[PDB]
S.K.: 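Please find one structure pasted underneath; my questions will follow.
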Amino acid sequence: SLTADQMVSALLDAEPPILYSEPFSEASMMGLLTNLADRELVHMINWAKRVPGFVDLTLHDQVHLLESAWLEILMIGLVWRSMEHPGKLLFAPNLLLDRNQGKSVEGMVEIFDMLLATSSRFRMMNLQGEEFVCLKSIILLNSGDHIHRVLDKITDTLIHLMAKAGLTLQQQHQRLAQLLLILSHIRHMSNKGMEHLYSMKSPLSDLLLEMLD
Amino acid sequence: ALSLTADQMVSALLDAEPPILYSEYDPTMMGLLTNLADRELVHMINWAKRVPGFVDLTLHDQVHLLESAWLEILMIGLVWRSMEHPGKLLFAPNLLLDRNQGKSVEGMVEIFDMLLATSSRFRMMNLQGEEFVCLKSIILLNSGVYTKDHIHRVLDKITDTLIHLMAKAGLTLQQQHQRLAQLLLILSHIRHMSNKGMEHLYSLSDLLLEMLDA
Ligand SMILES: CC/C(=C(\c1ccc(O)cc1)c1ccc(OCCN(C)C)cc1)c1ccccc1
Ligand SMILES: CC/C(=C(\c1ccc(O)cc1)c1ccc(OCCN(C)C)cc1)c1ccccc1
């Protein structure tokens, strides 16, 4: 219903805050991130409810979308924070880790490097905040009819941002392609992430349902 | 390679297309799929070498891109040929499985329904052959690009090719970048399905370098 520019403003206003973290072992480092993550998830839900077209979906669909996309969203949020910190990841203002410390957790050295590669790619493209919030909304809606019309609106919005940037048509859809292809790499990183979290001993849906309702 | 046109890009990719192989005739499942995939893999190497700008890369990079994308390439091919067979996957012309047949297969418990939905998606989008071969080429160059400027230059060109096909088809410019977005978002799902497959298979850098010595 809305215009390409008020879509930007609405999403920007719905942006979650940057939370603070609470040598490392494997269990203490994953304790830090899990905590930050679970705190971060509360704010993600409130953000999702303010993404245009989300609350119009059934509760069953809202939960399902967040359930499959939550790690993707945390990761692209992490990458966005670490953009101006080459060779490092900004989990929190009080938790900036280089590649060296990432070996505290086994199997995390691979995922770590994939996040750093994404961060450099965003810097190479000089990703804007107006585009970032658009990419993040797409992730929430795509990873899981009405949804596609909303997704089609975000595409127009992204194009609108690139057209106002002074870009000709060729560089516009080229950049659009470049951006969306990164999401495939983000999905990949999430998949490898779920594995590791599954490779651990023992409520998201409970948290999702509790806060969404 | 960077100086081709959209029509020359399409023409090169279409003639680079691998043949649809058959499952081994033996009247008297993962074994059949493994056998089929390994024979398909040999044709994939020949195809990849015909993808514009792929041979401009080093031998090491060619191996890396293929080891990262091979299952995605096989899966999108599976989805493509299963398009006009609703609610059923066409692994081979003589190996056609529907859902209940597929539910009883090793670890295809998750991806079968995903592959069908992807096939449903392409069908209701009316995916053209010219678009398909473009998407498959994109997969080849993009899957391992993060795990280099020439690669992104070829990708941008395949993007230019896709847009041209949509403009010629008679789509408005708004419909053009919308369709392009839809197609590329699907690649995320295909990446997702591949990961699910790789894991199950996990329970190479070698053989590729062997095949590309040709
Ligand atoms: C990439 C860092 C990370 C997590 C993370 C990323 C971004 C962010 O802002 C916060 C954390 C991470 C770690 C643990 C985690 O667990 C939450 C789920 N619990 C309830 C099991 C989630 C994300 C991670 C995820 C999986 C495996 C290893 C590490
Ligand atoms: C989706 C069907 C499939 C295979 C397949 C897909 C498309 C195609 O055209 C042909 C086959 C599949 C099955 C086995 C397989 O193994 C080859 C590698 N071997 C040496 C381990 C590859 C793909 C599969 C992949 C992973 C797990 C379970 C099934």
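Chains are designated A, B, ... according to the position of each sequence line. Residue numbering for chain A follows the PDB entry, covering 309-330, 336-457, 473-530, 535-545 in order. For chain B, we keep the numbers from the PDB entry: what you see runs 307-334, 342-460, 472-527, 536-546, in order. As a basis for the values below, the full set of heavy atoms in this structure was taken, side chains included, without hydrogen atoms, waters or symmetry mates. Note that ligands are numbered from 1 as they come in the structure, with each ligand's atoms numbered from 1 the same way.
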S.K.: Specify the drug or drug candidate at ligand 1.
M.R.: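 Recorded as 4-hydroxytamoxifen.
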S.K.: Which macromolecule does 4-hydroxytamoxifen (ligand 1) make the most contacts with, named the way the PDB entry names it?
M.R.: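 Most contacts go to Estrogen receptor.
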S.K.: Name every other chain with any non-hydrogen atom less than 4.0 Å from 4-hydroxytamoxifen (ligand 1).
M.R.: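 Heavy-atom contacts under 4.0 Å involve A.
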S.K.: For chain A, which UniProt 17beta-estradiol-binding residues keep a heavy atom less than 4.0 Å from 4-hydroxytamoxifen (ligand 1)?
M.R.: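 Counting heavy atoms against the UniProt list, it comes to A/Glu353, A/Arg394, A/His524.
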S.K.: Would you mind listing which atoms of 4-hydroxytamoxifen (ligand 1) come within a distance below 4.0 Å of any non-hydrogen atom of A/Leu428?
M.R.: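 So the atoms of 4-hydroxytamoxifen (ligand 1) that pass are 1 (C).
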S.K.: Under 4.0 Å from a heavy atom of A/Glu353: which atoms of 4-hydroxytamoxifen (ligand 1) are those, numbered in the order shown and with their elements?
M.R.: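 Taking each heavy atom of A/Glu353 in turn, 4-hydroxytamoxifen (ligand 1) has 8 (C), 9 (O), 10 (C) under 4.0 Å.
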S.K.: Looking at the entry, what source organism goes with chain A?
M.R.: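 The entry lists the organism as Homo sapiens.
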S.K.: Measuring from the heavy atoms of A/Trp383, does anything fall under 4.0 Å of 4-hydroxytamoxifen (ligand 1)?
M.R.: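 Yes.
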S.K.: A/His524 heavy atoms, cut-off 4.0 Å: which 4-hydroxytamoxifen (ligand 1) atoms fall inside?
M.R.: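 What qualifies from 4-hydroxytamoxifen (ligand 1) is 27 (C), 28 (C).
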S.K.: Show which atoms of 4-hydroxytamoxifen (ligand 1) fall inside a sub-4.0 Å distance from at least one heavy-atom site of A/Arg394.
M.R.: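 Within the 4.0 Å cut-off of A/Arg394, 4-hydroxytamoxifen (ligand 1) contributes 9 (O).
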S.K.: Could you see which bit of A/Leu536 sits under 4.0 Å from 4-hydroxytamoxifen (ligand 1), with heavy atoms only: side chain, backbone, both or neither?
M.R.: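 Within the 4.0 Å criterion, A/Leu536 makes no contact with 4-hydroxytamoxifen (ligand 1).
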S.K.: Considering only heavy atoms, does A/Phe425 approach 4-hydroxytamoxifen (ligand 1) within less than 4.0 Å through its side chain, its backbone, both, or neither?
M.R.: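 Near 4-hydroxytamoxifen (ligand 1), A/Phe425 shows nothing, with every heavy atom at 4.0 Å or more.
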S.K.: Could you check which of A/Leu349, A/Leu402, A/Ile326, A/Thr347 puts a non-hydrogen atom nearest to atom 19 (N) of 4-hydroxytamoxifen (ligand 1)?
M.R.: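 Result: the heavy atom closest to atom 19 (N) of 4-hydroxytamoxifen (ligand 1) is in A/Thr347.
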S.K.: What is the UniProt domain of chain A where most residues contacting 4-hydroxytamoxifen (ligand 1) are found?
M.R.: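 For 4-hydroxytamoxifen (ligand 1), the UniProt domain is NR LBD.
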S.K.: Heavy-atom contacts under 4.0 Å between A/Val418 and 4-hydroxytamoxifen (ligand 1): side chain, backbone, both, or neither?
M.R.: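 A/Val418 to 4-hydroxytamoxifen (ligand 1): no contact under 4.0 Å from either part.
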S.K.: With a 4.0 Å heavy-atom cut-off (strictly under), which part of A/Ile424 contacts 4-hydroxytamoxifen (ligand 1): side chain, backbone, both or neither?
M.R.: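 Neither part.
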S.K.: Okay, heavy atoms under 4.0 Å: who's in the binding site of 4-hydroxytamoxifen (ligand 1)?
M.R.: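 With heavy atoms under 4.0 Å, it is A/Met343, A/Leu346, A/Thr347, A/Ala350, A/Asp351, A/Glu353, A/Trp383, A/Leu387, A/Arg394, A/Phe404, A/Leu428, A/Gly521, A/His524, A/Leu525.
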